[PDB]
Trainee: 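Quick one: structure below, then a few questions.
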Amino acid sequence: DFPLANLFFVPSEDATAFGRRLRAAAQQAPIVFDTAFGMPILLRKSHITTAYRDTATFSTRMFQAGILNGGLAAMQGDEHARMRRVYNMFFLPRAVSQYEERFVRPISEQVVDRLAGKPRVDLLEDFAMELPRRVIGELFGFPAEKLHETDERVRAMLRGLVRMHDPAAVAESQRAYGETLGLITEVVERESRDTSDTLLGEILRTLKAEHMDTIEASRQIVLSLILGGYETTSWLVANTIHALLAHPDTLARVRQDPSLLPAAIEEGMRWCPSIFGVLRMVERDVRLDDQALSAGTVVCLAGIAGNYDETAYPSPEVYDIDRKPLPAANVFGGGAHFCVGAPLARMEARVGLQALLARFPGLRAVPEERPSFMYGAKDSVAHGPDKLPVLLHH
Ligand code: HEM
Ligand SMILES: CC(=O)[C@H]1CC[C@H]2[C@@H]3CCC4=CC(=O)CC[C@]4(C)[C@H]3CC[C@]12C
């Protein structure tokens, strides 16, 4: 029914190639069948907006088939709303700013410290991944190093959530989750005791108060903070750094005026998104204009296909932090499932980049070796760089 295409697993040293490829496809067809994901990809903005809104027709029930079953993302309707309110409490604005003061800022300074005394580093492994890892460590009360040991299992878990029709990816996802459950069980057990003094402890306490603290619910809260809070957040920071490093005049301006960091992050999400969109399951035969989707089909909403719509964002290939209005983020999903941790991720990007920019006025990309970009970078489910080598000193 749909044209076939390979939208995602395509390397380039041009960070805009991904955004431009999706926009190009959207001009050819509203829906394409991706040969690597093995599912229809919705590219048309009105179709995506409809899909996000009509949750009875476009559900997240595909997540009942894999490792997210039992967690928030797999829930629908009232069960979802009820668990969502619980999660919501911990990402309210005041809670976020409490995290910023009490640990994101000190951790950021510590991470930057470890970069001192070296002439060159890779800001991907040594910053973008380090900072979110240590934040989750703080929320768990467990050493960041412990999470670092899970990197490969974490990425294996995520790959199967996207390519959920691929038996090898799904099996490795399930197996990786099994190989991480000892860890997850240890963390849950510790912070579920009355002696817990961690944010995770407070969350488990809240689930307990609502009589929702089943083994699976508690494990899924930890799983989401790892998959989202650590791995997925890393790529947002990485892409924001690449955008600044690639545009040294904008980087200098941001260093001179760190109040611009929110605009740098948002434009970065338009210009170099780390995620394409979301998955939904079609619950009933539906037609979207001339396109028909059959009940039971799993689809991807590629909300980022509009990031490079020139009629919406002129000169879309230009990383312009001064755009008015600032682009609406498409990397957090939509509808009732819109990412609940996004406020934490956005704050970490700002607070970490501030600490970095202030400490190294000489910060610049190593002008030799260029980052290579693709969806699937480093075996992730992100579009991001393979490395971000910089020079820190003049
Ligand atoms: C740059 C960082 C992040 C990005 C781009 C991101 C992206 C996403 C996306 C695309 C979804 C699917 C939404 C949908 O189906 O509409 C999602 C959901 C979710 N994420 Fe985030 N994530 C990030 C960080 C985080 C963090 C830090 C946490 C935990 C603190 C988190 C926890 C969750 C949860 C629990 C869901 C399920 C929400 C629901 O179904 O209602 N994520 N995220
Ligand atoms: C529910 C949950 O833990 C969240 C936190 C991290 C999220 C994911 C983050 C990565 C992401 C990229 C996509 O394109 C599909 C949705 C996914 C695969 C998200 C699904 C749900 C996740 C796994």
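Residue numbers run from 1 in the order of the sequence given. As the structure lists them, so they are numbered: ligands from 1, and atoms in each ligand from 1.
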Trainee: Quick one: what's the drug at ligand 2 called?
Mentor: progesterone
Trainee: Of all chains in the model, which has more heavy-atom pairs under 4.5 Å to progesterone than the rest, named as UniProt has it?
Mentor: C-19 steroid 1alpha-hydroxylase
Trainee: Please determine whether any non-hydrogen atom of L72 lies less than 4.0 Å from an atom of progesterone.
Mentor: no
Trainee: From the options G303, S224, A302, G341, select the one whose nearest heavy atom is closest to atom 2 (C) of progesterone.
Mentor: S224
Trainee: Would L223 count as a contact of progesterone if the rule is a heavy atom under 4.0 Å away?
Mentor: no
Trainee: Which residue and non-hydrogen atom of the protein lie closest to atom 14 (O) of progesterone, and at what distance in Å?
Mentor: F276 CZ, 2.9 Å
Trainee: Does the protein put a heavy atom less than 4.0 Å from atom 12 (C) of progesterone?
Mentor: yes
Trainee: To which residue and atom, if any, is there a covalent bond from progesterone?
Mentor: none
Trainee: Measure the distance from atom 20 (C) of progesterone to every protein heavy atom, then report the residue, atom name and distance (to 0.1 Å) of the closest one.
Mentor: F63 CZ, 4.1 Å
Trainee: Can you report which non-hydrogen protein atom sits closest to atom 9 (C) of progesterone, along with the distance?
Mentor: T232 OG1, 3.6 Å
Trainee: Heavy-atom contact under 4.0 Å between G71 and progesterone?
Mentor: no
Trainee: I'd love to know which of the UniProt heme b-binding residues in chain A sit under 4.0 Å from progesterone, measured heavy atom to heavy atom.
Mentor: none
Trainee: How far is atom 18 (C) of progesterone from its nearest protein heavy atom, and which residue and atom name does that atom have?
Mentor: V162 CG2, 4.1 Å
Trainee: Of all the non-hydrogen atoms in the protein, which one sits nearest to atom 16 (C) of progesterone, and at what distance?
Mentor: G277 O, 4.5 Å
Trainee: What residue and atom, counting heavy atoms only, is the protein's closest point to atom 8 (C) of progesterone, and at what distance?
Mentor: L158 CD2, 4.3 Å
Trainee: Just which atoms of progesterone are under 4.0 Å from any heavy atom in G228?
Mentor: 5 (C), 6 (C)
Trainee: List the closest protein heavy-atom neighbour of atom 1 (C) of progesterone: residue, atom name, distance to the nearest 0.1 Å.
Mentor: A73 CB, 3.6 Å
Trainee: For atom 5 (C) of progesterone, state whether the nearest protein heavy atom is under 4.0 Å away.
Mentor: yes
Trainee: Could you find the nearest protein heavy atom to atom 22 (C) of progesterone and give me its residue, atom name and distance?
Mentor: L68 CD1, 4.6 Å
Trainee: What does the PDB entry report as the organism for chain A?
Mentor: Sorangium cellulosum (strain So ce56)
Trainee: Which other-chain residues have at least one non-hydrogen atom less than 4.0 Å from progesterone?
Mentor: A73, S224, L227, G228, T232, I275, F276, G277
